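Opening notes on carfilzomib (bound form) bound to Proteasome subunit beta type-5.
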Amino acid sequence: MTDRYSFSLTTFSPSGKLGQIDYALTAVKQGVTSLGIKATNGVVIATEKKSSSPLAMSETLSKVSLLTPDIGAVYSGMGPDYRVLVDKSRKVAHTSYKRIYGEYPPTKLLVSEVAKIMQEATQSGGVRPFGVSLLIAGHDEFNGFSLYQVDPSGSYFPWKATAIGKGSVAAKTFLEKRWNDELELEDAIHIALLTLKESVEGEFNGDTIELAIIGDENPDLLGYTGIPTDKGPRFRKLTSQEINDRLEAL
Amino acid sequence: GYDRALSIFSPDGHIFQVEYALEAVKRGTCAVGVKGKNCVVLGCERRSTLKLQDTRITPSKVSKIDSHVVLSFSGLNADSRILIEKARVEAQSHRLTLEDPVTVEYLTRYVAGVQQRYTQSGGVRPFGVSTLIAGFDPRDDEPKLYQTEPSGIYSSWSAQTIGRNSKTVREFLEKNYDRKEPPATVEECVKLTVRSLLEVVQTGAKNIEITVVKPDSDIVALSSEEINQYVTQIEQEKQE
Amino acid sequence: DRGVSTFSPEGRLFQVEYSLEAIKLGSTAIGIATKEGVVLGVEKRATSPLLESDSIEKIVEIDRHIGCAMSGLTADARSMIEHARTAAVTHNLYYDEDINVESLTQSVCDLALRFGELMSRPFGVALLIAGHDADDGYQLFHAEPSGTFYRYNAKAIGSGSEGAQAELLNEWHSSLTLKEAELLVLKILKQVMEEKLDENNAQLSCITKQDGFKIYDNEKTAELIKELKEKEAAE
Amino acid sequence: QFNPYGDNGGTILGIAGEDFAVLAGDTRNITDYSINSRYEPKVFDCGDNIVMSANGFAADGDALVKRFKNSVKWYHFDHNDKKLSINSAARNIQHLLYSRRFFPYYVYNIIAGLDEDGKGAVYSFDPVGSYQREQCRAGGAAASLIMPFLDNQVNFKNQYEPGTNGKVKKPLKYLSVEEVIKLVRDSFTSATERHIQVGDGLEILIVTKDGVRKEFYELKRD
Amino acid sequence: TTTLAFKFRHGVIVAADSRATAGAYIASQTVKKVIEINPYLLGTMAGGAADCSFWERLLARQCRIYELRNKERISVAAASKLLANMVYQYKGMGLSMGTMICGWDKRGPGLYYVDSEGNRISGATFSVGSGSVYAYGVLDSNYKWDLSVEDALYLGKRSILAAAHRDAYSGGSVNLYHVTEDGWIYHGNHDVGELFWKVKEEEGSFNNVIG
Amino acid sequence: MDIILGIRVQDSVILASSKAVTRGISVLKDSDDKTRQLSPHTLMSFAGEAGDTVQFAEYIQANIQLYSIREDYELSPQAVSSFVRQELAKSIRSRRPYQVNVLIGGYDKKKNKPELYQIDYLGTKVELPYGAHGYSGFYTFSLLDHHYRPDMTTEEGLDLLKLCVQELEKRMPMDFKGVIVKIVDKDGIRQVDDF
Amino acid sequence: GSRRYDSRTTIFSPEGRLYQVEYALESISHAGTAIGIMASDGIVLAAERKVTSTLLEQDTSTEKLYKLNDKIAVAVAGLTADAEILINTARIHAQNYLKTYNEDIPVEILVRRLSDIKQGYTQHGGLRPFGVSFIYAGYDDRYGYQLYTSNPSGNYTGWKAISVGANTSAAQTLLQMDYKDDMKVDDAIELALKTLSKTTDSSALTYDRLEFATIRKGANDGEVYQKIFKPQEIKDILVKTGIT
Amino acid sequence: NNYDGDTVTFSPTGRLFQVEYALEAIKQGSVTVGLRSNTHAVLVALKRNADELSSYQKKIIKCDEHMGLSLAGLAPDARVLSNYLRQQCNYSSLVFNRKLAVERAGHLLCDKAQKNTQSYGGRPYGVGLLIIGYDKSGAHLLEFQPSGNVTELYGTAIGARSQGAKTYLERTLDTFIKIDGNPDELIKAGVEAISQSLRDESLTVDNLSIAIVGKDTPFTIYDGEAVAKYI
Ligand SMILES: *[C@@](C)(CO)[C@](*)(O)[C@H](CC(C)C)NC(=O)[C@H](Cc1ccccc1)NC(=O)[C@H](CC(C)C)NC(=O)[C@H](CCc1ccccc1)NC(=O)CN1CCOCC1
Ligand SMILES: [Mg+2]
């Protein structure tokens, strides 16, 4: 046995292209649409819960994931790749930061660590790149609210608002017209639901849409009282009912 | 670990990777070595395709391995740094364990051995570098000039050149260099080295580097003006 | 591509057979064994007149009682010589005696097939290992990159090998003197060499019980060349 | 605390002649004040006309002999059935001993045979490989009892020629095998009287060009 | 043990006793404490017989491979340093060696003291062993540079005798060596028993002893 | 080894080191130089357990000489002293620590100032006008505290050093066989052949 | 076995070139142009962001100009993810040097170290090289202000003015024309922006498509200051030089 | 064809070509014969030279006092396998004070060769061996193929033209098996057997190599004037 693939599977072609990264980006293009919008007092991330079968319980499959109490993530592309990246991202937030500094990492540095993991899958021996693009929304004390995109290459960019996957080109155009620097969080949620309706074919309700926010601190979700400085997680996943309420005022 | 055999024999008994490494040397800038009666001179070509260069900080072509030995090269520049570092480490290791500085022959044998090792080790390619190693042994006044190449073979030379258009300058040296009476002085040795490079270089401005090594760790690099005076005198005699 | 340790349909290792082709391109080396000693001679083959020929070292001492000549990719021989010298001296450490020529040769040949995917390829050099010991007397061995070694009364390796071997077939007899063997190596080298044989482009050496392994001076070889010319002109 | 060493007693003796050599040793094996065996061989024919005896801590002695016998076997395989000379064996044994410089073989060791000129040879080893060719050597429990006797009766030490009064020494005349075996038996009979770990039996191995011969003599069993 | 060596005009003298001890018991009296590394290099032994023998024999093999690769006999300084670095690896582990590396090379006669503690010293006069302290008295008092070979050989011999007499763990016989630029020369084995009486009569020394 | 002293004056650094090497009850040598030139304007004296001292000094020497060749530039005495300290601080938590104390005397050609650093086997570094290792400072510091000025000449520094050595020779029970003295200044390193 | 699928990233071509290094350089030629200009009283680093969007958060964005320490900075051309791997290694090397010698690392030593890492990927390991070219701008007390470049081959050279990435041929010609030795920082700032403005593939050169930085002794007395320009500050210098 | 690049690849008909190519190297090798009675076992080997100046390559190797083999094919591979046998015979003696059974020696060689046929990177052994020995169950003869297959036989032959000697032994089976307590007659039958594989060349003094082991006979090799008796 032994892993005898100690050589790179991603290499430069004569034209300068890294083929496997391009092909990974093509897989991301085929994936279901997801988006993110940044407001003055929050960030929203959203996607469609594309259920593979009606017998399948789509509540058990979480496309939007908590990484830290103040950082959340959503993806487009290959689901299994995303699931393992979330596991690694959650762990690296502890091992490379929280266990050292005693606090959760700021958004940009956690993004930097995830990016590194994805870059290594693009150069290390005997592996293919991750077939996902991530959208990571988060908050921290000194940088405020922020939204980042991470690609299969490991490259990451900060966005005011953006979209990835199936109908990203049309969705990004829609967001350019609606976005301004004075948006409140509720306005951003409203715009997110409008943008996402264009890329969805079938049912459009709280059960087929997954949406989460980075906003105010939630002391009711903390689970304990007694420490003034601990005020609760800023990440919150909107319920099926909470989504439907905002679809009536749509 | 990556164990792949990159340097292997072909049906006609050739190791192509080693032979392709010699092609990288052929592409490299010209380097020349000439030993006089009491000195050795190392000449090096600088391609003038690169101007706006900062000549203060740009890596010089001739490298000191120890206070009494120098090394110039032709081929891949990045590869040469690895050999030079290894040679420098070995030079200090020899002083440390044997309480004498390396002989020029010993240092050459080490560098050549490193080059050979990279022609039959798994997962590595040969060095695309040929070197000219020159200097004087400790407490000796006999000039030493050696050459190495990617295959790992080495040998001593009265005068030798490597790199691009080395065929032309070797032709010049073969008819101009007399073994019975070598360049008696430093001037004659430098003049012959500059003359040989002028067959290939193009302009005699900032394209020629000269480094003179004398006995007892006396090593100095000539400046642009000093070299330019040689270039002037050579062509003025040529107009006849 | 294909494995480095692959057999051909004829039952030969591709790489070993290809390394033998590299040895055919090498400079000529000849060895002759007599009851008075073993003689080793080589073609230096300088690529240019500016190359100082005395730095070309194709004949090498392994121990006082064992010498060695090489042909092929000579850079590959350095680690083999190093191993041989270590093996010879190590045996002297463990057993307080000289090592048998055959045992030394066997130790060198054990390295040969240590290649795969250890070193990445076989050696591209053949060795003539000559020496003397108390048990089997004066001996000459031919060590190949296949791991095989044959003992020889006389042997030539390199570019002019098959032409030289046919000449050694006729000339060798069991009563050869050392002086006769010296002239015989010079004769056959002069025959297969491209350039004209002299003291600067050819080198002689021998191994005797009394004096041990010796590389001949250029002044000493020059006289043997002059002695050869006169005896050929004598008839 | 576990003590990996022990003392099994025993005493050995090697004497070199002009064209022969003997290696003798008692056959008694002991721990403390108990007898384990009255006949437990301690001197072995190791091949190539070499005899060997290593003991003190029996387990380490058995291992060393076993390893040297193995070394002889592999010397033949690797060097075309060449005969291992006594001087080559001695040097080989040094390296077997020093390989455990930091967990020594707790033994006295002596080998005997013939040198390459056919003359008798005896080599002596300390536990970590310091070896010496000698004419006469005793090792083990009663070594200090025997050696002074051999200095006197083999090398004629402190013996001068009558009439001269200390001016001229007794000349070093060689000894015969029969004369040597007498000194051996007298040495071990004397050692048996005054040393409690020596007794029961005496086994002698004689080495000539013809081969290796054995002789056995009883000793006191108290 | 008692061993000594000293540089002088005509090379270097090396002398040593031959006694080996195991407590109060004299195990041997025929030990060669001078090892011939090469025709131009000698090594002395003091302390652990096994240790000194093994490491100096292993050094002689290092010095030989040096000659093969370099076509040049090793220097006294390089040889002494190879030993020193070898024993330094096992420092604190229990090694017991007190050696002198004597020879003639390009810089002329050379003499280095090397021990298991880590010392490596160049010097014109050394003496190591339990009886060294007695030998130093005779050396220091009679040592010149302009000493004849005959007188130098006697000095080294007389110095060992002084130590062999007083030191209980020194004696047996004296081994002499003289190292020239043409190599070392063995100058015999001299029984102390016979040598003592001879020196007493010819020199007049040891008046306190009766004979 | 025994006594190593150092004094930084106006334009130079002076290092005085004992000559004796001792094995038990016997003086093996009386002319030992307990110093290595690390670079043309940096000198290091040393003292500690046998073997460790020379092995460490020569190891440092090799590293600084390697740096000099690689960069064609001489490291500042401060940079060298920091390198040495790290090697000793690394050593002290190793399986078998180097038992060595050093003084580093150098002339910084950039600042045109002499500099003296004292470093013990633990990796404890201190820059000083004068310093000593072992039992040396116990006898000498009172004289240095009294007589030392920072504007002293090299000749005045040597006279004060003679006074320090005279006190050592009077009150120390051990005979250290005098000292080898070396001066480090702008022109390099030299030995005072008469002291 | 696995041999079947090995691309063999570290081999010579018959012409004596390294395939992957050459193809990596081809990749870098499509990256945004980065320019470095060295003056007597400072260094300028200018670089063009690649086809941005209006929704990109520029003030918190960094894809071209990175800080290695207080004295040294780099401009990037190629794969950003690959560059960040190397940048973090260089930051660690600079701190190791500072811890060892208690002095800031000389510029060349840092450059040589990174270039040696790049070289290693071309000679052993069987991995693809880093698709990155750097422009190093830095200062130390030996050589003063220095500009270097390194590429995937691991080869590095010193410069007075240099460009990497797209349109370097055109850019280098323009720099060679207008550059002079007695030039100052303010003049060098103008030269860098003018060169980008002429070589750019975009319709017009604006503040949102640029990253800019200077290394000046224009810090209070004998010391060096790094200035990574803000979006508003790039907008002002574009008006000052007369481009917008 | 497409399935002979390495040892780890079966062909569509279930064949291992690299093993078959290794088997081919044996057929190119010089002839060697093995046969036994109830008391003794004999090896006879035709040695091969490079030319008239060269020596004749040795074919027979001793493994222990009671066991040894003859080779045909790559000689270095025989040195590796015989060295392994020497160690295994030796392990049995040192640990169990037991002479290694010839049948068990065959099982060990089989398993060592097999590992080289199932793993990537390595290669099969390119040599065939004839092992003879005398143990607690009497005389034995084994044939080793580098495919891994080991076979106990009354007699056999391997190498070039080995079919001639193998046919002779198949006829003589009933005769030579009964040659008990007569070493010279058993060798005669072996020398007569190997003679059936000769063409052009004949058995000379430095050409022939014989080895024998038996009840009160340690494994000994005969070369030179020691085999002139049987010519
Ligand atoms: C003078 C004579 C003494 O100082 C010299 O220094 C000589 C130098 C010569 C021999 C090269 N040194 C000795 O004689 C030396 C003194 C000594 C002893 C032990 C350790 C260090 C130094 N003696 C030996 O080395 C003897 C030599 C024998 C008698 C031939 N060897 C022993 O005593 C051995 C070695 C033991 C040993 C060393 C290191 C690790 C483990 C073991 N020991 C024994 O034989 C056991 N000994 C037998 C006597 O009863 C007590 C146990
Ligand atoms: Mg009793």
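Just so it is clear: chains get the letters A, B, ... in the order the sequence lines come, proteins before strands, and each one is counted from 1. We read in the header that X-ray crystallography, 2.7 Å was used to get this structure. Numbering of ligands and ligand atoms starts at 1, following listing order. What you see here is only part of the deposit, and the contact count is restricted to that part. Atoms considered below: every heavy atom in the structure, side chains included; atoms not considered: hydrogens, waters and symmetry mates.
- The location of carfilzomib (bound form), copies and all, is ligand 1.
- Within the structure, the other chains placing a heavy atom under 4.0 Å from carfilzomib (bound form) are, by letter, D, E.
- Using 4.0 Å as the cut-off, no other ligands or ions neighbour carfilzomib (bound form).
- Heavy-atom distances show that, of the bortezomib-binding residues UniProt gives for chain E, the following lie under 4.0 Å from carfilzomib (bound form): E:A49.
- Closest UniProt active-site residue, chain E versus carfilzomib (bound form), heavy-atom distance to 1 Å: E:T1, 1 Å.
- For carfilzomib (bound form), the covalent anchor is E:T1 OG1.
- Measured on heavy atoms with a 4.0 Å cut-off, the binding site of carfilzomib (bound form) is D:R101, D:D126, D:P127, D:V128, E:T1, E:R19, E:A20, E:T21, E:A22, E:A27, E:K33, E:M45, E:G47, E:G48, E:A49, E:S130, E:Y169.
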